[PDB]
Amino acid sequence: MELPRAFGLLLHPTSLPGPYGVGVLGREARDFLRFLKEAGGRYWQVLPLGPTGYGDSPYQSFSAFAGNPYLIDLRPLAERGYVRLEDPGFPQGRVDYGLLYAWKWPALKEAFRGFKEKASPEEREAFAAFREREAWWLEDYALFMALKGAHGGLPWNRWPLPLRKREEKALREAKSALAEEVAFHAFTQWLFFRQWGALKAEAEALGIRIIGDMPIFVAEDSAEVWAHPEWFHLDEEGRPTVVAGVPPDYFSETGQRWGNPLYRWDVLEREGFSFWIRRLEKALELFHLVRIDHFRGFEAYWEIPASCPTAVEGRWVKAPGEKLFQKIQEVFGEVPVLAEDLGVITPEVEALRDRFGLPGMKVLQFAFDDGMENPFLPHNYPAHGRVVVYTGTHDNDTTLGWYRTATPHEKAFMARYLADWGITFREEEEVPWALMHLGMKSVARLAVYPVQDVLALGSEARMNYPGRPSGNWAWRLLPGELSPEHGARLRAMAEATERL
Ligand SMILES: C[C@H]1O[C@H](O[C@H]2[C@H](O)[C@@H](O)[C@@H](O[C@H]3[C@H](O)[C@@H](O)[C@@H](O)O[C@@H]3CO)O[C@@H]2CO)[C@H](O)[C@@H](O)[C@@H]1N[C@H]1C=C(CO)[C@@H](O)[C@H](O)[C@H]1O
Ligand SMILES: C[C@H]1O[C@H](O[C@H]2[C@H](O)[C@@H](O)[C@@H](O[C@H]3[C@H](O)[C@@H](O)[C@@H](O)O[C@@H]3CO)O[C@@H]2CO)[C@H](O)[C@@H](O)[C@@H]1N[C@H]1C=C(CO)[C@@H](O)[C@H](O)[C@H]1O
């Protein structure tokens with residue numbers, strides 16, 4: 001993949017400013033694209049866009065295909081009279097997910113009722129047409145969500161056996177009994193894709209490419225796992241027999257047990273990797289590039305017996321990454337994938353990435369805790385530049401927040417390294433900019449930065465803190481917070497580093 005030298009910004013849509021408690025796919029999203037274009041940015045990166053559950057993590061979605069109903073802009077609906085919106089008291093600068101769950105679901109439900117009553121024939125037709133075209137994943141997703149709502153939010157593998165095991169007769173009866181609930185969820189999808197499609201066209205009109213994000217492993221409690229038990233290592237009761245994670249290492253003697261169901265790779269290969277082809281086809285309708293989290297899992301993954309409460313009991317298992325990507329190349333004619341390969345250092349993963357021209361990542365906040373051999377330091381990046389450099393990702397603190405808690409060593413080495421690259425700073429608040437500048441001076445073809453670093457926000461704006469119980473995925477921009485001055489500063493930096 002040939003990436004021209006450029007820069008972009010990382011901003012999950014929920015973080016957009018605007019009324020009604022959460023960023024949505026509307027004017028403010030368009031304002032951000034405009035800001036990005038004026039700043040000279042050519043990429044907008046988001047986190048996974050699927051529907052979320054308790055904890056609100058984009059990385060644990062009810063579906064590998066559905067769009068997050070919380071991102072639906074309700075204004076176009078209120079404007080056609082389908083619903084009357086009333087702010088129950090959403091805060092500024094953050095998403096109160098508890099309130100959004102309590103208020104937005106009913107507002108979408110009311111909107112659907114108003115729609116059935118007032119929609120024009122053209123809208124009814126379009127929605128029906130959408131349900132037909134997307135049936136191959138929508139039938140399962142909409143029934144999955146209807147069943148979930150009818151069984152008190154229980155995970156699919158705790159539902160009555162006939163439904164859990166998808167006995168046809170039982171599914172047909174449920175689909176019939178929950179007809180309006182199924183149509184309602186299908187309605188949230190039609191709105192989500194219509195709005196995303198419009199936003200994507202806006203991005204394209206502005207010369208902007210969108211980098212989507214798809215975790216390599218799906219979630220246990222999701223429509224596709226329920227509908228395709230044959231593609232995952234589950235027992236007869238739908239329980240994963242092995243789960244994803246990573247082994248212990250110098251950092252943790254317990255490793256990480258993520259819990260995700262794992263693929264029956266032999267079955268997927270036999271089916272021409274249909275699940276993955278479908279997954280990518282759907283994603284390519286929404287994005288120009290797809291970042292895949294834990295890309296190394298296509299080469300080998302840490303398989304943990306589900307009975308083990310930690311990650312200590314696993315073993316590395318080879319996956320057919322080569323054949324899968326050969327299949328992806330064959331079908332799509334290119335592999336529009338960005339590999340999340342943080343801390344892999346394994347040769348075979350690098351080789352698989354390179355074989356298909358896939359860029360990896362570099363995160364500057366991790367470059368100063370040791371020596372000059374640290375792979376995250378710019379002089380160590382590959383001369384071919386097929387890598388995306390970030391100051392920090394959604395899992396890291398903002399760079400100012402990181403700086404304030406960095407070790408004396410990190411702070412001193414960073415400053416010295418910056419100076420070696422002709423960069424300096426005076427106040428703490430300037431560190432995010434100095435690091436963004438260091439990334440832009442690097443050979444990395446793409447430099448992508450979280451908006452919180454553009455705003456030089458502290459720890460209060462950190463998107464996600466892995467391991468922390470609450471406050472995650474909630475940060476939001478305030479109206480007008482990204483000023484023309486922020487854009488001009490990014491633009492001047494891009495111009496100087498030849499990224500325009
Ligand atoms: C306040 C709370 O709002 C959100 O909570 C809702 C979840 O998104 C829903 O999916 C639903 O969760 C139920 C599960 O579906 C069901 O399978 C079962 O496990 O019971 C769950 C509880 O009913 O309903 C949730 C609301 O009740 C949001 O996702 C969640 O993160 C929010 N919780 C935050 C607030 C506090 C209060 O200090 C903390 O305990 C949490 O760590 C925060 O994340
Ligand atoms: C659901 C999960 O969401 C968050 O975790 C994800 C990260 O945000 C992603 O960036 C991605 O990171 C991993 C890299 O892809 C991988 O290559 C390696 O570097 O490890 C990274 C994470 O250590 O994927 C993460 C999901 O694996 C969030 O931080 C995390 O806390 C959330 N976990 C919830 C799920 C379970 C399972 O029941 C519980 O154990 C946790 O307490 C929940 O918070």
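All residue numbers in this chain count up from 1 along the given sequence. We use all heavy atoms of the structure for the numbers below, so side chains are in, but hydrogens, waters and symmetry mates are not. Ligands are counted one by one from 1 in listed order, and the atoms in each one are counted from 1 as well. So how was this one determined? The header says X-ray crystallography, 1.9 Å.
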J.: List the chief contact partner of ligand 2 in this entry, with the name from UniProt.
T.: 4-alpha-glucanotransferase
J.: What does the PDB call the drug placed at ligand 2?
T.: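 That would be acarbose.
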J.: Is atom 22 (C) of acarbose (ligand 2) close to the protein, meaning a heavy atom under 4.0 Å from it?
T.: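 Looking at atom 22 (C) of acarbose (ligand 2), one finds that a protein heavy atom does lie closer than 4.0 Å.
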J.: What's the shortest distance from atom 40 (O) of acarbose (ligand 2) to any protein heavy atom, and which residue and atom give it?
T.: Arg257 O, 4.6 Å
J.: Is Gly259 close enough to touch acarbose (ligand 2)? Criterion: a residue heavy atom under 4.0 Å from a ligand atom.
T.: no
J.: Can you list the atoms of acarbose (ligand 2) that are under 4.0 Å from a heavy atom of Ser57?
T.: 1 (C), 2 (C), 3 (O), 4 (C)
J.: With a cutoff of 4.0 Å, is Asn464 in contact with acarbose (ligand 2), counting heavy atoms of the residue only?
T.: yes
J.: When you measure from the heavy atoms of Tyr54 to every atom of acarbose (ligand 2), does any distance fall below 4.0 Å?
T.: no
J.: Would you kindly specify which portion of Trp473 sits under 4.0 Å from acarbose (ligand 2), judged on non-hydrogen atoms: side chain, backbone, both or neither?
T.: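 Near acarbose (ligand 2), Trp473 shows its side chain, while the N, CA, C and O stay back.
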J.: Number the atoms of acarbose (ligand 2) from 1 as they appear, then name those within less than 4.0 Å of a heavy atom of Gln256, with their elements.
T.: 20 (O), 22 (C), 23 (O)
J.: With nothing but distance in play, are any N or O atoms of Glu340 less than 3.5 Å from an N or O of acarbose (ligand 2)?
T.: yes
J.: Judging by distance only, is a nitrogen or oxygen of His394 under 3.5 angstrom from one on acarbose (ligand 2)?
T.: yes
J.: Non-hydrogen atoms of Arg296 versus acarbose (ligand 2): any pair closer than 4.0 Å?
T.: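 Not so, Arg296 does not reach acarbose (ligand 2).
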J.: Taking N or O atoms only and a 3.5 Å limit, does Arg291 qualify as a polar contact for acarbose (ligand 2)?
T.: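 No; every N/O pair is 3.5 Å or more apart.
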J.: Hi! What's sitting within 4.0 Å of acarbose (ligand 2) if we only look at heavy atoms?
T.: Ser57, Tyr59, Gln60, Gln256, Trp258, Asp293, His294, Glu340, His394, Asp395, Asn464, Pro466, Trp473
J.: Could you go through acarbose (ligand 2) and list every pair where one of its N or O atoms sits under 3.5 Å from a protein N or O, giving the atom names and the distance to one decimal?
T.:
unit_1, atom_1, unit_2, atom_2, d
acarbose (ligand 2), 3 (O), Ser57, OG, 2.7
acarbose (ligand 2), 8 (O), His394, NE2, 3.4
acarbose (ligand 2), 8 (O), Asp395, OD1, 2.7
acarbose (ligand 2), 8 (O), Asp395, OD2, 3.3
acarbose (ligand 2), 10 (O), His394, NE2, 2.7
acarbose (ligand 2), 10 (O), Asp395, OD2, 2.6
acarbose (ligand 2), 15 (O), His294, N, 3.4
acarbose (ligand 2), 15 (O), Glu340, OE1, 2.7
acarbose (ligand 2), 17 (O), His294, ND1, 3.0
acarbose (ligand 2), 17 (O), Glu340, OE1, 2.6
acarbose (ligand 2), 17 (O), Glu340, OE2, 3.4
acarbose (ligand 2), 23 (O), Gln256, OE1, 2.6
acarbose (ligand 2), 29 (O), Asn464, ND2, 2.8

